[PDB]
Peer 1: 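Questions regarding the structure given below will be posed in turn.
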Amino acid sequence: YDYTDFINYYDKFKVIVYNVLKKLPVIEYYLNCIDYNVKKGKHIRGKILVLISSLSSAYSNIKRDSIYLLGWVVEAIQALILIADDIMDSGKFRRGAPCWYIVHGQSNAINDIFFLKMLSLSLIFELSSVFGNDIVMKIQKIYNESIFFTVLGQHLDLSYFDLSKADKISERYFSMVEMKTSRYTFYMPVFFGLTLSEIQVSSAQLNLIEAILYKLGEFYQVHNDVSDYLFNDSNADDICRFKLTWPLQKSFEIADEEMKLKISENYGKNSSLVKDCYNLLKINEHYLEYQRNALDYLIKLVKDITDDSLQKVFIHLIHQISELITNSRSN
Amino acid sequence: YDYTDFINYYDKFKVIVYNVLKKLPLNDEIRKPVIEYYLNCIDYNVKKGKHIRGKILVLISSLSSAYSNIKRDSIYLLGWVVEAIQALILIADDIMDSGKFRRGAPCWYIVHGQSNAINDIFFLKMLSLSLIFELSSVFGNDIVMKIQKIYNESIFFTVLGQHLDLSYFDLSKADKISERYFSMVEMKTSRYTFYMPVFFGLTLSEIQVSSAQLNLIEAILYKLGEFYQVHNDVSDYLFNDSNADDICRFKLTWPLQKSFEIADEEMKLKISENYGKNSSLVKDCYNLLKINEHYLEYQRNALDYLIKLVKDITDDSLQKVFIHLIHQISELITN
Ligand SMILES: O=P(O)(O)C(O)(Cc1cccnc1)P(=O)(O)O
Ligand SMILES: O=P(O)(O)C(O)(Cc1cccnc1)P(=O)(O)O
Ligand SMILES: [Mg+2]
Ligand SMILES: [Mg+2]
Ligand SMILES: [Mg+2]
Ligand SMILES: [Mg+2]
Ligand SMILES: [Mg+2]
Ligand SMILES: [Mg+2]
């Protein structure tokens, strides 16, 4: 898909950030800050905004530029969340490049989160002249609910669980995942798209596709979690960082009372032994039947969308995310 | 002014906060001591302080258009929103600056760690955002969009002001040291400390249409902002001797710029070489030159220009609010 000239609007997006910086060295700093954190990447979430904006809306106005801007606002929102995540999680690299807090220091990274946010806020606020109040208003409500949940989701990510009390530690996983990841990644860009378009209207037909974004997000984080276990070797990984994650969630689900003991002990000092078990528990295997069932259930759900115009972009959506996750390091 | 009713709204605000945080249905909500984490966060960060800016907004809003009932609570609420804004800004500032105490108590980042401190900042940001969206039902959309525009402008200026505050490259030969500082300070302090609550206050009061010399008020709040920060800086030079402070941190300070207007080529080497290495020695030159001296001259002219400016306000009603403001600020600075 393209998505071109969504990417190419970056140029025009930079100029709008540049002209907002009439306050009146710092411009150069923050222009580079957005180049480092917003320019880099696949831009999946800003891409979800254009897709949904696509069949849903009918060619009338030059809101298209405005839709692209908002597609870059979502990218700055994603970026600022990740610069904040890499600090807490002692991240080393992201998007093939050292984390912003490493190149620029922690104090500047914290302040820079504040920059992107207010930038985000300001570019939104100035979409009133294009879609008017109602649209902007409905867009700002989505924004608030999205990040609010991500923060609480992130809080749960920081809040240590009770490994011994693993009766519904899985219930704590998915809930957390819905909070921290699922919302901003999927709910936010889509609902931002649904608004700009003003699709007409299937409101009662909104929970279904809501259940779609909940699984898309679950699926996204679940695979994120396995990759770390599968390819990260360090003392600043999920296990060495004592984090509630899909492999540990499942392990406690599949393991005898003798292996869950070996994991509770070494979590998390020796990540070595924790993974040893994951292999004898064949977690990797279990994620594959997940990945498998994840796909078709989304198709099940997709096949039920009534609009038949909303189902088109949601057909691309399911594809785009699954291709992201299955066309990885395969071997 | 018997600011007491506002302070007593805290319970309703906290009720309004607890009521929102209903995030999970279906289940018994076994995973919600999250609420008890953040209720504690609010008690720890927003309840403490002395609550100045909050007061400023309520004072303003009520004084240029007094509410009689109902809208008052939405003014009190916002004033508590203001407070949660200032708190989140200072939690971030204390991390960046390695602070130890705030509002009497130990810094939130120390107590709960900086991974949580950063997350908790944007809890308060997002709550404040969603709470300011609350007023829509009471004041209307055009009044909310105006609030939001003020919120944005103000925190955005502070963010770039904090960047200039963190600015690593502060060279030797600097003539713009006073320009870089007073601008820095305009951006990081002047905007949000007194502009934000006063421009919140008088959006809610919505009175009146004075547009021409409504710059005059901005010229007062600026002076008041830098006035407040210049004190903060002096106080740092005077009242601590920790193993590491504002000079151990190469921070652009008031005792540093007005020390580069009076000193000599030779003394401009003492301060330069020992900055971020030995506060004592750097404090001795300050001492020689007597920074607290010319700081007194500063306050005099600062209150002189301030008072003369307030004599020019068009509304004798606003004028008194502004005189009262500056009086409460000057004194409070003198605590
Ligand atoms: O990419 P990362 O850092 O593995 C992660 O997925 C990024 C992230 C941050 C915030 C919300 N959701 C996911 P995390 O959750 O920190 O494991
Ligand atoms: O109270 P502090 O930390 O002395 C200070 O005034 C707090 C502060 C932070 C942000 C804006 N204005 C003041 P700083 O500026 O860090 O010296
Ligand atoms: Mg991470
Ligand atoms: Mg994490
Ligand atoms: Mg991960
Ligand atoms: Mg400080
Ligand atoms: Mg500071
Ligand atoms: Mg200070």
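To find a chain's letter, count down the sequence lines: the first is A, the second B. The numbers used for chain A are those of the PDB entry, and the residues that appear cover 23-46, 55-361, in sequence. All residue numbers given for chain B refer to the PDB entry; the residues shown span 23-357 in order. Side-chain atoms are counted along with the backbone in the values below, which use heavy atoms only and exclude waters and symmetry mates. Each ligand, and each atom within it, is numbered from 1 in the order the structure gives.
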Peer 1: Specify the drug or drug candidate modeled at ligand 1.
Peer 2: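 The drug is risedronate.
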Peer 1: List the chief contact partner of risedronate (ligand 1) in this entry, with the name from the PDB entry.
Peer 2: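 Per the PDB entry, the chief partner is Putative farnesyl pyrophosphate synthase.
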Peer 1: Find the other chains whose heavy atoms come closer than 4.0 Å to risedronate (ligand 1).
Peer 2: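 Heavy-atom contacts come from A.
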Peer 1: Under 4.0 Å, heavy atom to atom, what does risedronate (ligand 1) touch in the other chains?
Peer 2: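 Counting heavy atoms, it is made of A:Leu112, A:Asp115, A:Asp119, A:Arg124, A:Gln184, A:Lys210, A:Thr211, A:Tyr214, A:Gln251, A:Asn254, A:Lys273.
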Peer 1: Looking only at distances, can you tell me whether any N or O atom of A:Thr180, backbone or side chain, sits closer than 3.5 Å to an N or O atom of risedronate (ligand 1)?
Peer 2: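 It does not: no N or O of A:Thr180 is found under 3.5 Å from an N or O of risedronate (ligand 1).
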Peer 1: Are any of the N/O atoms in A:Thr211 less than 3.5 Å from those in risedronate (ligand 1)?
Peer 2: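 In this structure, A:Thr211 places an N or O atom under 3.5 Å from an N or O of risedronate (ligand 1).
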Peer 1: Identify, for atom 2 (P) of risedronate (ligand 1), the protein heavy atom at the shortest distance, and state residue, atom and that distance.
Peer 2: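 Closest protein heavy atom to atom 2 (P) of risedronate (ligand 1): A:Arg124 NH2, 3.5 Å.
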Peer 1: What other ligands or ions are found less than 4.0 Å from risedronate (ligand 1)?
Peer 2: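 Under 4.0 Å: ligand 3 (magnesium ion), ligand 4 (magnesium ion), ligand 5 (magnesium ion).
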Peer 1: When only distance counts, is A:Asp268 in polar contact with risedronate (ligand 1), meaning an N/O pair under 3.5 Å?
Peer 2: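 There is no such contact.
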Peer 1: Can you report which non-hydrogen protein atom sits closest to atom 7 (C) of risedronate (ligand 1), along with the distance?
Peer 2: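 Nearest protein contact, heavy atoms only, for atom 7 (C) of risedronate (ligand 1) is A:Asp115 OD2, 3.5 Å.
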Peer 1: Suppose we measure from atom 11 (C) of risedronate (ligand 1) to each protein heavy atom; which comes out shortest, and what is that distance?
Peer 2: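 For atom 11 (C) of risedronate (ligand 1), the nearest protein heavy atom comes out as A:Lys210 O, 3.3 Å.
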Peer 1: Can you pull out the closest protein heavy atom to atom 17 (O) of risedronate (ligand 1)? Residue, atom name and distance to 0.1 Å, please.
Peer 2: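 Of every protein heavy atom, A:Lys273 NZ, 3.0 Å lies nearest to atom 17 (O) of risedronate (ligand 1).
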Peer 1: What is the closest protein heavy atom to atom 6 (O) of risedronate (ligand 1), and at what distance does it sit?
Peer 2: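 Of the protein heavy atoms, A:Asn254 ND2, 2.8 Å lies nearest.
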Peer 1: Which residue, and which atom on it, receives the covalent bond from risedronate (ligand 1)?
Peer 2: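 The model places no covalent bond.
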Peer 1: Do any nitrogen or oxygen atoms of A:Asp187 lie less than 3.5 angstrom from nitrogen or oxygen atoms of risedronate (ligand 1)?
Peer 2: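 No; every N/O pair is 3.5 Å or more apart.
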